[PDB]
Each structure stands twice: as structure tokens, then as C-alpha cells.
Asks: 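Below is a structure I'd like to ask you about.
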Amino acid sequence: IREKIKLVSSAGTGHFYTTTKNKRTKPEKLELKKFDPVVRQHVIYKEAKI
Amino acid sequence: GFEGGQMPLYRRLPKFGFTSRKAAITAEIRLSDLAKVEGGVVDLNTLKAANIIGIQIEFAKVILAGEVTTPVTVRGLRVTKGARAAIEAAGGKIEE
Amino acid sequence: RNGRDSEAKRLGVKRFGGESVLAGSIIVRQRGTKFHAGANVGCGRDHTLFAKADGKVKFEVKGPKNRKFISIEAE
RNA sequence: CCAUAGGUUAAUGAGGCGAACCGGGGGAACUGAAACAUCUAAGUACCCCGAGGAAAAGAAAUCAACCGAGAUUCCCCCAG
RNA sequence: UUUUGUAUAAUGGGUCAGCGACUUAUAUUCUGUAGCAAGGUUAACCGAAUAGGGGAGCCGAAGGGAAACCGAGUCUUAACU
RNA sequence: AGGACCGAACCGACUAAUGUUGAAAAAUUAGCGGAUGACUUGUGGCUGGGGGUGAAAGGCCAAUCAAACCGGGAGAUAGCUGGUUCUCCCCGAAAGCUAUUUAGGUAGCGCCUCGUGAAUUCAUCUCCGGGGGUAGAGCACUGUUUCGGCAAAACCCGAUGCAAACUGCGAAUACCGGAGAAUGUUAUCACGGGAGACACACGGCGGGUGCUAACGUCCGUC
RNA sequence: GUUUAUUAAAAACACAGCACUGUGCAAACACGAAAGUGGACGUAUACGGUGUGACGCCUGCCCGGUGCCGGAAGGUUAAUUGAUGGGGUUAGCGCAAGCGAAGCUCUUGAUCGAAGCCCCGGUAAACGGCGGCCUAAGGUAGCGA
RNA sequence: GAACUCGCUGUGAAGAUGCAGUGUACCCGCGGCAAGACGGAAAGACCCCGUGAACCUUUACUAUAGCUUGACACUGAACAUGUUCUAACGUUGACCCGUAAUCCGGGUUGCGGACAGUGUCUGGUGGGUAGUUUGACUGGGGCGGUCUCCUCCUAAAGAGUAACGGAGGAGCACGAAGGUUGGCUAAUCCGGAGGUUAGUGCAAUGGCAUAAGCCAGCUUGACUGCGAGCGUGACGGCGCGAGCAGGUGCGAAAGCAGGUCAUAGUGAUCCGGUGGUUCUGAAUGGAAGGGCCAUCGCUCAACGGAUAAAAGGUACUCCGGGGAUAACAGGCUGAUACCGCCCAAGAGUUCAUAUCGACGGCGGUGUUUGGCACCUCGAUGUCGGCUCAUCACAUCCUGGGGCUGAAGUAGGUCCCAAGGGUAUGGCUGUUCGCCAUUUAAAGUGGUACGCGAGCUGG
RNA sequence: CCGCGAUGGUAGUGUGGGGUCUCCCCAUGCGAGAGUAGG
Ligand SMILES: CCC[C@@H]1C[C@@H](C(=O)N[C@@H]([C@H]2O[C@H](SC)[C@H](O)[C@@H](O)[C@H]2O)[C@@H](C)O)N(C)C1
Ligand SMILES: [K+]
Ligand SMILES: [K+]
Ligand SMILES: [K+]
Ligand SMILES: [K+]
Ligand SMILES: [K+]
Ligand SMILES: [K+]
Ligand SMILES: [K+]
Ligand SMILES: [K+]
Ligand SMILES: [K+]
Ligand SMILES: [K+]
Ligand SMILES: [K+]
Ligand SMILES: [K+]
Ligand SMILES: [K+]
Ligand SMILES: [K+]
Ligand SMILES: [K+]
Ligand SMILES: [K+]
Ligand SMILES: [K+]
Ligand SMILES: [K+]
Ligand SMILES: [K+]
Ligand SMILES: [K+]
Ligand SMILES: [K+]
Ligand SMILES: [K+]
Ligand SMILES: [K+]
Ligand SMILES: [K+]
Ligand SMILES: [K+]
Ligand SMILES: [K+]
Ligand SMILES: [K+]
Ligand SMILES: [K+]
Ligand SMILES: [K+]
Ligand SMILES: [K+]
Ligand SMILES: [K+]
Ligand SMILES: [K+]
Ligand SMILES: [K+]
Ligand SMILES: [K+]
Ligand SMILES: [Mg+2]
Ligand SMILES: [Mg+2]
Ligand SMILES: [Mg+2]
Ligand SMILES: [Mg+2]
Ligand SMILES: [Mg+2]
Ligand SMILES: [Mg+2]
Ligand SMILES: [Mg+2]
Ligand SMILES: [Mg+2]
Ligand SMILES: [Mg+2]
Ligand SMILES: [Mg+2]
Ligand SMILES: [Mg+2]
Ligand SMILES: [Mg+2]
Ligand SMILES: [Mg+2]
Ligand SMILES: [Mg+2]
Ligand SMILES: [Mg+2]
Ligand SMILES: [Mg+2]
Ligand SMILES: [Mg+2]
Ligand SMILES: [Mg+2]
Ligand SMILES: [Mg+2]
Ligand SMILES: [Mg+2]
Ligand SMILES: [Mg+2]
Ligand SMILES: [Mg+2]
Ligand SMILES: [Mg+2]
Ligand SMILES: [Mg+2]
Ligand SMILES: [Mg+2]
Ligand SMILES: [Mg+2]
Ligand SMILES: [Mg+2]
Ligand SMILES: [Mg+2]
Ligand SMILES: [Mg+2]
Ligand SMILES: [Mg+2]
Ligand SMILES: [Mg+2]
Ligand SMILES: [Mg+2]
Ligand SMILES: [Mg+2]
Ligand SMILES: [Mg+2]
Ligand SMILES: [Mg+2]
Ligand SMILES: [Mg+2]
Ligand SMILES: [Mg+2]
Ligand SMILES: [Mg+2]
Ligand SMILES: [Mg+2]
Ligand SMILES: [Mg+2]
Ligand SMILES: [Mg+2]
Ligand SMILES: [Mg+2]
Ligand SMILES: [Mg+2]
Ligand SMILES: [Mg+2]
Ligand SMILES: [Mg+2]
Ligand SMILES: [Mg+2]
Ligand SMILES: [Mg+2]
Ligand SMILES: [Mg+2]
Ligand SMILES: [Mg+2]
Ligand SMILES: [Mg+2]
Ligand SMILES: [Mg+2]
Ligand SMILES: [Mg+2]
Ligand SMILES: [Mg+2]
Ligand SMILES: [Mg+2]
Ligand SMILES: [Mg+2]
Ligand SMILES: [Mg+2]
Ligand SMILES: [Mg+2]
Ligand SMILES: [Mg+2]
Ligand SMILES: [Mg+2]
Ligand SMILES: [Mg+2]
Ligand SMILES: [Mg+2]
Ligand SMILES: [Mg+2]
Ligand SMILES: [Mg+2]
Ligand SMILES: [Mg+2]
Ligand SMILES: [Mg+2]
Ligand SMILES: [Mg+2]
Ligand SMILES: [Mg+2]
Ligand SMILES: [Mg+2]
Ligand SMILES: [Mg+2]
Ligand SMILES: [Mg+2]
Ligand SMILES: [Mg+2]
Ligand SMILES: [Mg+2]
Ligand SMILES: [Mg+2]
Ligand SMILES: [Mg+2]
Ligand SMILES: [Mg+2]
Ligand SMILES: [Mg+2]
Ligand SMILES: [Mg+2]
Ligand SMILES: [Mg+2]
Ligand SMILES: [Mg+2]
Ligand SMILES: [Mg+2]
Ligand SMILES: [Mg+2]
Ligand SMILES: [Mg+2]
Ligand SMILES: [Mg+2]
Ligand SMILES: [Mg+2]
Ligand SMILES: [Mg+2]
Ligand SMILES: [Mg+2]
Ligand SMILES: [Mg+2]
Ligand SMILES: [Mg+2]
């Protein structure tokens, strides 16, 4: 029932993490500061489709 | 490779890589080969004439392997940093 | 309705008292802290105790609760 | 209707046989895949037609790689 | 012979004579042995030639990397304690 | 008149006995059915193999039929069964684990052998350092149990037992490590050439299962 | 009457009779890559297929399932056609980044599109079914250890 | 196979001419009989196994002849967005000729007519036909159950350890239920007692107060690259991990943080999709395609995953095998069965013991139902009857005897006793049983449930 | 640092041997737990 999602870098590098989410309970977009290894900085990552 | 029906090693492991066509037409030359050419100029054609490299070789690199004990002109070959030092120390020269 | 079991996990003491170990070496695999980490011993996420220095394994019973601690005496 | 079909005669040739090789028309399955259907066996076995002392192929609308080679056939490599 | 195990009431053989089952080719690896040795060896073919010629090739003397590429290093990684 | 009746020839084949290395690879003997019919018989002809023909039994198609016979593909394939031929010397298994359309097959590992290399490498004993939760024991815990007392018969207390999935205790042994001697044809480990084996059996000890039944069955260990 | 030549002769097969169904003749159907041939030198009072099995009295209810027959509005749907969008290439335009006509080209797949199926009916001497609230309908006549 | 080829009781791959012990036995024919040589015959037909076969079935799978649909072709002309036309094409209508010809062709004519029909393509239908699949474990097979992962016990105090052994769980959840800093401590009973007897996101075990339990604030370390060393695996793999570099959160800082108390929450490879990319780019520049990095698609659950794609029947059967494995009989066993005994509740007017023996206890036999799978699958014929038997005694009759609730007659019960004896019929394949009628009685068992190289064949 | 305990006996048990072998016994080595005196 938890669905796979991409977290996509806001730095425009195309780097992404993957995780899961319960979209029924939590329909709002997951946003987290995560390390982008391309630019080598912590930047905001935002949910997108897998 | 048959293992009794268990997925065999050469199928449970993934394929990898590709084969380079450029690698097949690239050779390595040892320092010990530099004296074997006729006339003290080392290029693709003189290496081919001396049977050091095959006729379809288009690219060649001189590496630090064996010794060079004579002045040699190397023309139109890549040379390693160590091979360059060895050739120049023996009174040779390298031409791009 | 029975007929099931899980794979045995090879828990227990890997290096006994007085054994010389290199740093990183696993001393005990366990479920929870049946043994506790003393001097120069770390505790992994699965409660594995491992050596953080080269030396000899030492078991000891200390504290008010009278708990089994494992330490490394550095060589 | 002209004619053409058709008819008769003459001349010339063919026909049938033969072990392999050769070109062409058709063309399996067992088997292997540890089952089996894609795949394999194999364009093999076999059937059929045709030829010759050989046959077939053959004188680039071919390769190559900016250098060049120069019809076809066969052998050794390239290379499992 | 087959079996955990056969005097076995498990199998096979009436007897004799003759015949009757790990081969051959090619590739590949290891061992022994011989030659030559940072080299070794030629294939087809030519040659009346077991000679001699023929070194086209093949293996070896360098590796690392998927590869470009670098090279006694190289790959990994922005970079290695 | 009649797929009418009784009954020979003729055509069949219901019963019994015989025969069963027969007189005979289907008969003989005594009886039995049809006997002008959907009858029977001579000669010749036609139908051909996934095909024929069949008042249908998978019947028959040359003593052959749920796919004829002959030749070919062909030495199909056979994880199955059988068999495998002279001599001596040295070493010497396994019947286990893991996986498997796997279970009587096979693969890696274990165990055998040959070669090469290498440490006081290995074993026994003694001493030293260790972790145990088994045997036994016990009843605080988790359950179970009996008696008395006490009392909302609970609870609590005293007394008594029981436990593979109970432990406020806890051996012997075994195992890991260290040190030391003696002994042992390196007995050890690694790498490489060649395997076989992966149906085990009984006996002792510790157990599950079964009835502390089985020359039973399933593990551990000798 | 027929049958398992060679262990079964029968209650099995066939049968006259009955019914359903196909078939308008270059018939259906069958043998045949085909030409043709059988059906038949027959023509629906005929021919094929299927089931039942003289005769007598009879042959009930169920069309939901599967088949067959009829329907044909609607949904769905093939080849075909190639609208539209996206990309590759490059004449150019750009100082460079890039952009980018025509052509060629890779891809996308609008529109068109029959039968079938879904769908709407019929049909049991079609295959079949024929109750303890439920079903398509609950076994009639006759018969019954 | 060779034989100098006896009985018995044991033994023993478990039913012995050949072994042990013992008994008996002069050497050799002939006629007879079939109890044994697990006699001869046929590599068991039953049964199981083999990733064997054949043929048969079907709403198994995949195909396919046939049938059927449309598009384009052969295929044309006038408007309609209707029909008509003739010239392609059809004619198994007529007539004429080749011609001595119910073939064929040509001609003339009628009819039909761009229809029909055929080719290519295409949807449907298609056991009519074809190739195949249709798992394994299993105290025989089948049916049922099971197949991967986690926890406990079995498990013999290191690890590991089997069974169709005993018990339960998983195929997730959570941007907080993660990180850090600070703060807090339960169940239950009546503010106090009590001390984790609660709690853990979910099984069980081992943990947890320094709490891992619980609350709040601030957060994204549920970081990226690596990794000394170690654990665990045949391997593929899986696990634990200080520390190093970069960048981060919390905290005052020390420090802590590479998800969660830990141990389940899973799927190799191939093929392909998406994004990225100092790689590759078949003349060259590009591109396509490939590589590399990130990621996606399996109840492939038969969970090391034969295929993208699969069910059955065979008594019409067939081959290779197995006593590795079932049906008969033997063997081991003796739960069950049958027989005997111990105790004595009681019944029996009274009285436990004439007779019966509750609750319980102990044996014997091999004797029923079974268990096991040791012998036999290169065959050990299997029920009943008939014929012919032979032994045991737990005795049915006849013989001897004790007790009696034995007056007699006739019984009951127990002991001794195996010499001899121990029904015919109706019904049914029956053994048995019921029935009729006998008898002194119509015994119970063993003998391959005696006896098919003796008969029968229900 | 982390709030009991002898002695003796008993249970168990390694090795070897034995029996009437579901369980024991003997030789030798190891030797609890509980409880008792006591602290
Ligand atoms: C419950 C049955 C048990 C099996 C019976 C026996 C067997 O197979 N017998 C054969 C016999 O066939 C013939 S008798 C007609 C032969 O003559 C005879 O020797 C013999 O082979 C047949 C009856 O099946 N087996 C060994 C065990
Ligand atoms: K360790
Ligand atoms: K095939
Ligand atoms: K195979
Ligand atoms: K056997
Ligand atoms: K036999
Ligand atoms: K060799
Ligand atoms: K050599
Ligand atoms: K390095
Ligand atoms: K045939
Ligand atoms: K193996
Ligand atoms: K070896
Ligand atoms: K044992
Ligand atoms: K008859
Ligand atoms: K209907
Ligand atoms: K363009
Ligand atoms: K004797
Ligand atoms: K006899
Ligand atoms: K005409
Ligand atoms: K037409
Ligand atoms: K079993
Ligand atoms: K059994
Ligand atoms: K860090
Ligand atoms: K499997
Ligand atoms: K089948
Ligand atoms: K028997
Ligand atoms: K008795
Ligand atoms: K009395
Ligand atoms: K048998
Ligand atoms: K008798
Ligand atoms: K008496
Ligand atoms: K008697
Ligand atoms: K009989
Ligand atoms: K016999
Ligand atoms: K006889
Ligand atoms: Mg050369
Ligand atoms: Mg286990
Ligand atoms: Mg476990
Ligand atoms: Mg195969
Ligand atoms: Mg000639
Ligand atoms: Mg020619
Ligand atoms: Mg030129
Ligand atoms: Mg056996
Ligand atoms: Mg013996
Ligand atoms: Mg004998
Ligand atoms: Mg024998
Ligand atoms: Mg045999
Ligand atoms: Mg024999
Ligand atoms: Mg290299
Ligand atoms: Mg008559
Ligand atoms: Mg007849
Ligand atoms: Mg007669
Ligand atoms: Mg008559
Ligand atoms: Mg008559
Ligand atoms: Mg039949
Ligand atoms: Mg015949
Ligand atoms: Mg066939
Ligand atoms: Mg062949
Ligand atoms: Mg053969
Ligand atoms: Mg020896
Ligand atoms: Mg496994
Ligand atoms: Mg105990
Ligand atoms: Mg216990
Ligand atoms: Mg030691
Ligand atoms: Mg095996
Ligand atoms: Mg085994
Ligand atoms: Mg076994
Ligand atoms: Mg065993
Ligand atoms: Mg035992
Ligand atoms: Mg046994
Ligand atoms: Mg036993
Ligand atoms: Mg008759
Ligand atoms: Mg017959
Ligand atoms: Mg007969
Ligand atoms: Mg006709
Ligand atoms: Mg009928
Ligand atoms: Mg339509
Ligand atoms: Mg009706
Ligand atoms: Mg009625
Ligand atoms: Mg005997
Ligand atoms: Mg005689
Ligand atoms: Mg006789
Ligand atoms: Mg016999
Ligand atoms: Mg056999
Ligand atoms: Mg048409
Ligand atoms: Mg079909
Ligand atoms: Mg079929
Ligand atoms: Mg096949
Ligand atoms: Mg098959
Ligand atoms: Mg099976
Ligand atoms: Mg253990
Ligand atoms: Mg142990
Ligand atoms: Mg083991
Ligand atoms: Mg085992
Ligand atoms: Mg198990
Ligand atoms: Mg390392
Ligand atoms: Mg593919
Ligand atoms: Mg290019
Ligand atoms: Mg090109
Ligand atoms: Mg790409
Ligand atoms: Mg598996
Ligand atoms: Mg598999
Ligand atoms: Mg057979
Ligand atoms: Mg057996
Ligand atoms: Mg038996
Ligand atoms: Mg009495
Ligand atoms: Mg009683
Ligand atoms: Mg028995
Ligand atoms: Mg057994
Ligand atoms: Mg036997
Ligand atoms: Mg025997
Ligand atoms: Mg025999
Ligand atoms: Mg007596
Ligand atoms: Mg007598
Ligand atoms: Mg007597
Ligand atoms: Mg007397
Ligand atoms: Mg009677
Ligand atoms: Mg008998
Ligand atoms: Mg008897
Ligand atoms: Mg007999
Ligand atoms: Mg009979
Ligand atoms: Mg003491
Ligand atoms: Mg004590």
C-alpha cells in the first residue's frame, strides 16, 4: 500500500533519492534537505513520481 | 557449467561491459622493441616492417618495459611518462 | 499444522577470554545486551560486540546490576 | 470470307541405362535444450529435375577507409 | 553381480573352442621428458626432397579499466588516511 | 406367398471332453445354429497406412494392428539394467551438508589419492584464561498440584510435589584461546593433477517419534 | 440377421418403423493442392447427417448454462489509410551558447474499417437439467429393493 | 554353476540336501505318486519409479487444414448520395466444326455479369488434424497437507543438527513511529502501597531505567564517496564495523546521528523502460544502438526462479527398471485380539470366593485387527470348494476326578486326559452365517489363512 | 565495590568394567543444588 517515490534534487542535477510513502494518509509532497553528490551540497529535494 | 539444475554461476551473475573495436587496433611497444626496427626511427610503418606490431594496428604506445640503450627517434606514437624519460636518457627524441 | 522453523543464526561468543583480537573483530553475536560493551569494545546495531582496539578479550562482572561486560585489554 | 485450327508425308533430333562428384525444385523426424513450444538436429536424410568431365562461379552498381586493392574458385590464417 | 547385508530359496552362466567392451580425430589444460630461451614455433604452400625454403600467423615478454584512456601502475572517488 | 417350418449338401461355431514339447501356431470327437437368403461360392477387379475397410469387436488390412510390412534417417535417445578380459607394490574413502521438475541423477563443499610449498603447523597430557544454562536441583518467575490456616472460595501465608517450549541455582564433559615438556615417518595448512561418493547397517550412550513395540523410524556422538 | 479370424455370440451391432436437421441441383455431403469423380444419368414422395429402434398406450415441466437459428440499432474490433505531435540530419542565423527552412529520415497513430464477440430474441425426439427459503424449472404419466 | 543331492530342531539376507547340534542311513535299478527342490516356462501384466512411449479426450497450451470476414488485384461504362448497361469473367443451356468423340478446344447464340470465383493480405472460428505439457516431498502411491522467510523447543551448558516432531508468526508499518537535546517512569490493588508483575507499531526469544518505554522542542545522518578488521555461507550471497574525505542536524559542549530494541516484511539472471553521463559511435561529422551510474517492471509463493505460453484418460495398452516400493505368504513386533492369573466392590435369603467378578493390577499365546518394509517384482499363483491330509491341546464326545447353592435324574464349575471318534441338507461363489433334520459329539487352532508341476474355476 | 554460608552426606557425571539392562552397580577422577552449623 506504500508507493515508491522519487525525491528529486532542486539543484537541477537530475540526482534523485528513492523512498516509499503512504499517499492515502500523507497526500502532501515530501520535501527534505538531502546531500546532492553532484554539486556536493545539502539542497532541498522534492517528491516526484517513480 | 551444469550444477544439477541450480541456476549456474554464469547465469546468476549479470553481464557487464562492451567490447571496444579501437582496442583491437591499438598495440603496446616495449623499450626493448625500439632497437629491433631498421634505421633508428620508430613509427607504425617501421614497427610493422620489423614484425613488432600487426599490419592492422593503427595506434601504438611505447611503455616503460625492458630497456633502451641507443638513441631512437619516436614519431607519431604515444609514449608513457616513464618511457619518455628512458628514451630521452638514451639520447632519443619524441615527435608528436 | 506445525513443521516450520527458521534458519539458525550462529549467535554466541566468537572470541573467548584471553584471546588476542584485531580491532574490528567480532567478540559476541547476541539478541539484546546479554553482554555489555566495556573498555575498547563497541556495540553494533544488532547488539554485536566488537573490538575497537587490538588486545586481549576480558569478561568481567561489574555494576550494581552485576552485568557481564566485555572489554579489550590493549596489548 | 480470307484465314487459322486440324490432317498427311518427309528430314533432323530426343527417349533408356549408369557408383560418386555437381547445379537446381521440394524437404523430415528422432535427437539436443537434462521436460518443451522459440531454437536445435539441418537445408541433413530422403524424393524429384537437369548436366558435365568436372559442375557451379566469374571480370565489380566489389571491398576499403581518405591510404589503397582490383573477376571467380580452392587451401592456411584471422577466430571459436 | 547387486547390495546395509547373500550358502542364500536374489541375478547370470549346460560345457568347450573361437570372437566379444574406455577407441579414433581435432581442440584445450596439467604432469613427465627433450630442444631452444626473452624469446619459442611455424601453417598452407614451394621443394624430387622426412632436408631446405616459407614467420602469414600463434603463444610469451604488462597490467588496470565497461570504455576512452593511462601504464609499473591503474581503477575507484571531488580526493584518498 | 415367406429375411416361413423340419432337415442333408453348403455356410457357421453354442456346450463338453480330448489335445496343450498337439495329428493341428486354433483342431478332433459327440452334440449345436442357419440352410430361397440382409444366403453361399468360383474367377477376375477396386480401395493403401493417420490411410483403407468395418450390420462397430479398435475388428480386419498375408500366422503382424490403439497406426501393416520392407528399406532408410540409424550407432535415435536410454540420468535405466547387464557386462567390462594379464601381474605385483604403496595409500585408501563415502553413503554427509548445501542446491536441484530434485529425491536410485547431478553440482560445489566434506572425506580418498598424487604432486609442490610452508610455520614448533597439528595431536595427546599438564597448567593457565574463558563463555556457558545441559545433567542434577529448585519453585522467586511462567504454568501446574495437594493439605491446612486466613478471608474478600479469590488474595495472602505455612506445608507437598510436577515441567521439552519454567529458572532467584548449577555440574561432569565438550568447545575456544594461551603456555610448557615428551612423543608422533608433517600427523597440520595452502595451492594444483586424478577421483570415488551423496541407498548405509547394527551395537553403545543422549534423545524425538512409535507402545522407553519392531532386525521400526528420525537426529546427535562413539 | 451381424460381431471380437485365435478365451466374449450377448442384453452388444444392424434392422423395418419414428423424429429432428441439412440439402433447389454445378444440391448438401464425401474423395481429391487441382482437373475431376461419387451423391445420381437421382431432383425434396429425393438425397446426406444425427438420434431412437417392430407393435400398442404414450412421450410431462425447464431456453438460466453450452450449441444451433434469427436479428442488427448500440458498444468493442483486423488488414488498410496516415491526420497530428515529437525526434535525427543541416542550408543558414549566431562572435559563442545555441537556434534552425527545405529535403530525406526515425517515431507517434487522428480518421476509415467487415464478420465475430458483447447485446436482443427463438430453439430440448439440440447437449443437458427436473429442490430444501431457493431455482431456468423443481420429476408429470408410468414403473420401482 | 558344480554335486559324494537324507530327517529333525535350531541358525542364518529373516521358510536350509549343503551351516550347528543331533537322529537315521549297506551299493544300484524298475513301476508308481506329486509334498519340497521358494520346481520348468515368460528380464511381473499388479504396484511404484523414469523430468520413458504410444494412442484417446477436452471450454489444457501452442499451432494448423477447412469454413468464414473485409481490403487490394483480375475489374469496366452512364447518374445515383439508385439502378441500368456490356466488353472482362462464369456457364455442369442450345446449336455448329475439328470428328467415327456426353473429353477438350474453337465458333455462333442465350443466360448470368463486374457479381460470382481465384491470388496476396487480414479478423473470426477451428480436437477436423498435429506437436506437447500436465511438479516434488510422502513410513508404497493416491487423497489431504507441505514447499520461501522469522521465533521458541526438540538440540545432549560453544556453533551446527532430522522427522508428514511439538508450538506460534511474516510477505509490513513509520517523514515520524527516524536523528539529537532536554524532560519523564509503569502494571495492579486499596493520596498511599507496590516496583516494571508494565511498555515495546505487529509472533516468540533474548534485551532495555544510562531506559531501547514515554513526552516536547529543533530537525533530515532514513547523508554521498570509502572502509582497518571481523562474522556467516559449497557458492551466488548475507551480516557487523571503528576510522578517513566531503557536506549536514541536534546540543552550551563533550559528543551523538550512514534509519527504527534486535532478530521476519523477500526474488538471481535475462529482456526491456525512465533519467543522468570527461565512455563507445562500422568511411568521416553526427545520430541510432551499446556501456557506465541511478532507478523501474515477477504470490517467477513449486519462493536457487525449466517456457513468453500447457489439462486429462488408458481395463486397448507398451518399454526401461525396482523386492531401493505396495497387494499374497514368510519374518520382526504384539498396541489390538484371544486365553490365563492377582486384588475383592458386590450379587448370590444368610454367605466376596457353589456360580458370577465392578474399580484397578500382572502375564501367556502368536491367534484377530494392525505396525514395520527384512526376503521374493530376470514371477514365491491369489478366495472358496474337491481330494488327501498331518500336528497342537486352550477337550466337542467318550475315560478319570475335586467342589457344588451335588437328594435322585440331570446340570454347573475346575483339574487330569490327545487313544479313538467328531452330520447330511436348503439358501449363497462363499469361508461364515441363518434355517431344516440328525448325532455320543457335530471341538478350537497350526500346517505358504496345509494341499491348482493333485482337480475345479463359482 | 555492587545486598551470605561451611563440614559431612546426597544427586549428577568423564574414562574403564559389570548386571536382573525402560534402570542401575563397581573402580577411578570431577562433584552440585537444597538444607544444616555458622556469619
Ligand atoms: C496377490 C497376488 C500375489 C502375487 C502372486 C504371484 C504371481 O505373480 N503369480 C502369477 C502366476 O502366474 C502363472 S499361474 C496363473 C505362473 O505359472 C505362476 O508361476 C505365477 O507366476 C500370477 C497369478 O500373477 N506373485 C509372486 C505374488
Ligand atoms: K571475530
Ligand atoms: K523437434
Ligand atoms: K533430456
Ligand atoms: K536388492
Ligand atoms: K526371482
Ligand atoms: K593432452
Ligand atoms: K612440455
Ligand atoms: K593501488
Ligand atoms: K501408419
Ligand atoms: K557432490
Ligand atoms: K586434491
Ligand atoms: K547411533
Ligand atoms: K449366437
Ligand atoms: K439457450
Ligand atoms: K527537418
Ligand atoms: K548337521
Ligand atoms: K513334487
Ligand atoms: K457467352
Ligand atoms: K467479384
Ligand atoms: K517417512
Ligand atoms: K510402511
Ligand atoms: K562525517
Ligand atoms: K522448485
Ligand atoms: K498423456
Ligand atoms: K501363500
Ligand atoms: K496365567
Ligand atoms: K458362602
Ligand atoms: K514379486
Ligand atoms: K486341521
Ligand atoms: K464334575
Ligand atoms: K483324543
Ligand atoms: K484353488
Ligand atoms: K510347486
Ligand atoms: K496336473
Ligand atoms: Mg607478422
Ligand atoms: Mg533445523
Ligand atoms: Mg531458532
Ligand atoms: Mg529434450
Ligand atoms: Mg560427357
Ligand atoms: Mg561452366
Ligand atoms: Mg582513389
Ligand atoms: Mg534388499
Ligand atoms: Mg554368509
Ligand atoms: Mg538349493
Ligand atoms: Mg543362486
Ligand atoms: Mg535383476
Ligand atoms: Mg540360469
Ligand atoms: Mg593490457
Ligand atoms: Mg428359413
Ligand atoms: Mg464369423
Ligand atoms: Mg462338429
Ligand atoms: Mg429356426
Ligand atoms: Mg433347418
Ligand atoms: Mg473398448
Ligand atoms: Mg492377421
Ligand atoms: Mg504412431
Ligand atoms: Mg540422426
Ligand atoms: Mg541403439
Ligand atoms: Mg593401509
Ligand atoms: Mg537454502
Ligand atoms: Mg531435569
Ligand atoms: Mg529445562
Ligand atoms: Mg588447547
Ligand atoms: Mg541423492
Ligand atoms: Mg541419503
Ligand atoms: Mg535414508
Ligand atoms: Mg544415518
Ligand atoms: Mg537408543
Ligand atoms: Mg533399522
Ligand atoms: Mg530399536
Ligand atoms: Mg438369430
Ligand atoms: Mg474369439
Ligand atoms: Mg465363442
Ligand atoms: Mg456432379
Ligand atoms: Mg438404442
Ligand atoms: Mg459488425
Ligand atoms: Mg420450447
Ligand atoms: Mg407419480
Ligand atoms: Mg528351518
Ligand atoms: Mg523312480
Ligand atoms: Mg502325476
Ligand atoms: Mg519358478
Ligand atoms: Mg523386470
Ligand atoms: Mg470477393
Ligand atoms: Mg481443434
Ligand atoms: Mg491431441
Ligand atoms: Mg519431439
Ligand atoms: Mg509426453
Ligand atoms: Mg512422487
Ligand atoms: Mg547449542
Ligand atoms: Mg553441546
Ligand atoms: Mg550431521
Ligand atoms: Mg542430516
Ligand atoms: Mg525439521
Ligand atoms: Mg580488508
Ligand atoms: Mg527475448
Ligand atoms: Mg560513423
Ligand atoms: Mg556507415
Ligand atoms: Mg544510453
Ligand atoms: Mg527451490
Ligand atoms: Mg527449478
Ligand atoms: Mg515391463
Ligand atoms: Mg525390502
Ligand atoms: Mg505382509
Ligand atoms: Mg475365581
Ligand atoms: Mg475386569
Ligand atoms: Mg502379520
Ligand atoms: Mg529402513
Ligand atoms: Mg519369503
Ligand atoms: Mg531367505
Ligand atoms: Mg529366478
Ligand atoms: Mg489340558
Ligand atoms: Mg492321535
Ligand atoms: Mg501320543
Ligand atoms: Mg493303550
Ligand atoms: Mg453347511
Ligand atoms: Mg492356503
Ligand atoms: Mg486348517
Ligand atoms: Mg502345489
Ligand atoms: Mg470366474
Ligand atoms: Mg560438599
Ligand atoms: Mg552448596
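In what follows, every chain begins at residue 1, and chains take the letters A, B, ... in the order their sequences are listed. Numbering of ligands and ligand atoms starts at 1, following listing order. Values below: all heavy atoms of this structure, side chains included; hydrogens, waters and symmetry mates excluded. If you check the header, you will see the structure was determined by electron microscopy, 1.6 Å. Displayed portion only: the contact tally does not extend beyond what is shown.
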Asks: Help me out: which of prednisone, baricitinib, lincomycin is at ligand 1?
Replies: lincomycin
Asks: In this entry, what is the main binding partner of lincomycin, named as in the PDB entry?
Replies: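 It has the most contacts with 23S rRNA.
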Asks: So, around lincomycin, which other chains have a heavy atom under 4.0 Å away?
Replies: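 Heavy-atom contacts come from H.
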Asks: Identify the binding-site residues of lincomycin using a heavy-atom cut-off of 4.0 Å.
Replies: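 Heavy atoms within 4.0 Å: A41(H), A42(H), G44(H), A327(H), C328(H), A379(H), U380(H), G381(H), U382(H).
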